[PDB]
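This entry carries nirmatrelvir (bound form).
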There are 2 protein chains.
Amino acid sequence: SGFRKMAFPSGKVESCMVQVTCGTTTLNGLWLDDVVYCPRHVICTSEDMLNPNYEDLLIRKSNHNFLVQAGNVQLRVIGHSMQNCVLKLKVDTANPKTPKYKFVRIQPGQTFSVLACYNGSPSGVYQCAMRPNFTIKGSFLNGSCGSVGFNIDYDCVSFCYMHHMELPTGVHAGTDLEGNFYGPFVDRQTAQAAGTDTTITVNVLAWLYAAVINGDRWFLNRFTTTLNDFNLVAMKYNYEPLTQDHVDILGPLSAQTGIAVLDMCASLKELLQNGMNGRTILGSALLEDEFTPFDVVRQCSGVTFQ
Amino acid sequence: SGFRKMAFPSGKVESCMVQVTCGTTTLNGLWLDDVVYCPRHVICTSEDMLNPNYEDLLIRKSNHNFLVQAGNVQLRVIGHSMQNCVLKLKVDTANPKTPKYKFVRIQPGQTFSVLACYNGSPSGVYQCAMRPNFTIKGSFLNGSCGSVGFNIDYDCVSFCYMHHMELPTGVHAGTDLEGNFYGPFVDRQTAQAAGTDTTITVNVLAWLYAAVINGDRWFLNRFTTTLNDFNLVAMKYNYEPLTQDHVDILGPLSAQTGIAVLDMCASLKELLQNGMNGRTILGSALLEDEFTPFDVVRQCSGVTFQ
Ligand SMILES: *C(=N)[C@H](C[C@@H]1CCNC1=O)NC(=O)[C@@H]1[C@@H]2[C@H](CN1C(=O)[C@@H](NC(=O)C(F)(F)F)C(C)(C)C)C2(C)C
Ligand SMILES: *C(=N)[C@H](C[C@@H]1CCNC1=O)NC(=O)[C@@H]1[C@@H]2[C@H](CN1C(=O)[C@@H](NC(=O)C(F)(F)F)C(C)(C)C)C2(C)C
């Protein structure tokens, strides 16, 4: 029993981290086969980041201008290209520790683990969600860019996030591994702000099921509700609409606990209208929305990875 | 910016996990050099665990009765011995991925990362604290025993916990790597309960400093207090006494923020007496006590590991 914010084991990703230096700017890169992926603003001075012309800055660079270090070993860059907001450095050595991997673009509400790195070296690992406003609530400092987010499926690492920048209120924004930003943000040091965020309803429901599985059941009421009536109440409290797709994804937890999804919805409705009355659920005084239905199943059933 | 519950990178420890099977009981082992460490109740049937005589059960075992699997490869056991509540299986092959390591016994209030494993394979990683009542708030299922807790110092893994059992209210208990339990618990399936837990005061203060570093400052008041007067208030609210050793450990965060420790204590005192008035600190509605002063420094300064 017990329920914690669990990250994926980070070992497969640790073996892919390198440091990339261009001039005086150093950040992290991801070394897969004979390519190193990293944020394109490695080629910027501090001055350039206020209004960079990345295409222009990259013309004046050659291969030898990129210093790629994998531990104690320098990797010679033998080609380079830019794909949206990421640079791809071809190196003369394939990473022998390259795991089976995929590049995926995740949807808002889905979760992933972040391996926060500095100078190509890991600092720590934590779990995050892609917020509905396309930010993540991370923990990143200067030099953290190029740190990646990922999910694991048995032996396959699905990379879904590269870190690029921090937005007001201390939230974070970045790209998929094709260099396309999540959200309407740009890699330029100019005033930018995320839109209003919303609560990930399907994840709150998943976490209420995790609470029931752990014997924390005080919030279960005797009612049911329709999907439409629930979504009207959720709208008022800045909760995302619950779709039939979400109901289907909650099926396994609903079947395991014997609580219909719409019954859980009625219990969540009461919590939204009345509060928790200074009570806790799974030790938290707030409803948690950064566990997906699969996160709950993986933690409560002991799914492992190779 | 940002502040999250961060675990250590788990790669060095992943390379040490194996599965140990004796008869029909399978759990996790830790493979360091040519020794595999695991909980001694691997030698028990389900029947034996109600009242095991571990010494007796182990006489009737020989080396070949232990099946140790490291991935796809069986490791031949060539010797065995019992040290308190852990078995030590000597194997014919040294683990080539053995990191620089130490066995340490941590103190209540100190934190560590847990690599939760099943059948020798990792499921996830999360951060925990040794509670003052010598339990940990983990997430463990059947087959999780032998999962370990650890800290990293540059390239050295300090192993501090082996998982053995679950106690009422869904909390967990185990041993150091010498097999000595934390707390007054025994590896027998009989009714056992942890004593009343307390809040780790020095860690709450560390986390308030993390909040200030992140610009969450609303709780800072204009007062100071003496150490004695603070500890009288903390006693009432089931907080551990703050010692001069704790004040000294908080020095770096106090110097960084320019807030004297006893001034922070006055702000914490007001939070204890008045509550947070439905406000949050670093996104939490409750005071958090599972970040040590070093955890805060390591996260907010970007300390990395090799
Ligand atoms: C990568 N190493 C850093 C990570 C930042 C640093 C502090 N916390 C983080 O997550 N990325 C940057 O410094 C990027 C980068 C220029 C400026 N930048 C920012 O994150 C800035 N944010 C913005 O300008 C705004 F408002 F658009 F979000 C900063 C003020 C430094 C937080 C470039 C090329 C966008
Ligand atoms: C190791 N694989 C398991 C981990 C347990 C299983 C469920 N969650 C966990 O953390 N360890 C055990 O099953 C140990 C073990 C016998 C029984 N046991 C327990 O954890 C039991 N607890 C107790 O009997 C009590 F009350 F003392 F805490 C159980 C009721 C199964 C939770 C031995 C040899 C102690």
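Letters A, B, ... mirror the listed sequences (proteins, then strands); counts begin at 1. So this one's X-ray crystallography, 1.7 Å, going by the header. Both ligands and their constituent atoms are indexed starting at 1 by order of listing.
Structurally, the main neighbour of nirmatrelvir (bound form, ligand 2) is the chain that UniProt identifies as 3C-like proteinase nsp5. At a heavy-atom cut-off of 4.0 Å, the other chains in contact with nirmatrelvir (bound form, ligand 2) are listed as B.
The residue-level binding site of nirmatrelvir (bound form, ligand 2) (heavy-atom cut-off 4.0 Å) is B:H41, B:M49, B:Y54, B:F140, B:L141, B:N142, B:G143, B:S144, B:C145, B:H163, B:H164, B:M165, B:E166, B:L167, B:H172, B:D187, B:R188, B:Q189, B:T190, B:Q192. Within a 4.0 Å radius of atom 10 (O) of nirmatrelvir (bound form, ligand 2), the protein has at least one heavy atom.
Lab note: closest UniProt active-site residue in chain B to nirmatrelvir (bound form, ligand 2), heavy-atom distance to 1 Å, was B:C145, 2 Å. As modeled, a covalent bond connects nirmatrelvir (bound form, ligand 2) with B:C145 SG. Nearest non-hydrogen protein atom to atom 23 (C) of nirmatrelvir (bound form, ligand 2) is B:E166 O, 3.7 Å.
Most residues contacting nirmatrelvir (bound form, ligand 2) in chain B map to the UniProt domain Peptidase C30. Considering backbone and side-chain atoms together, B:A191 places no N or O closer than 3.5 Å to any N or O of nirmatrelvir (bound form, ligand 2). Considering backbone and side-chain atoms alike, B:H164 places an N or O below 3.5 Å from some N or O of nirmatrelvir (bound form, ligand 2). When hydrogens are left out, the protein atom nearest atom 5 (C) of nirmatrelvir (bound form, ligand 2) is B:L141 O, 4.1 Å; that is the closest non-hydrogen contact.
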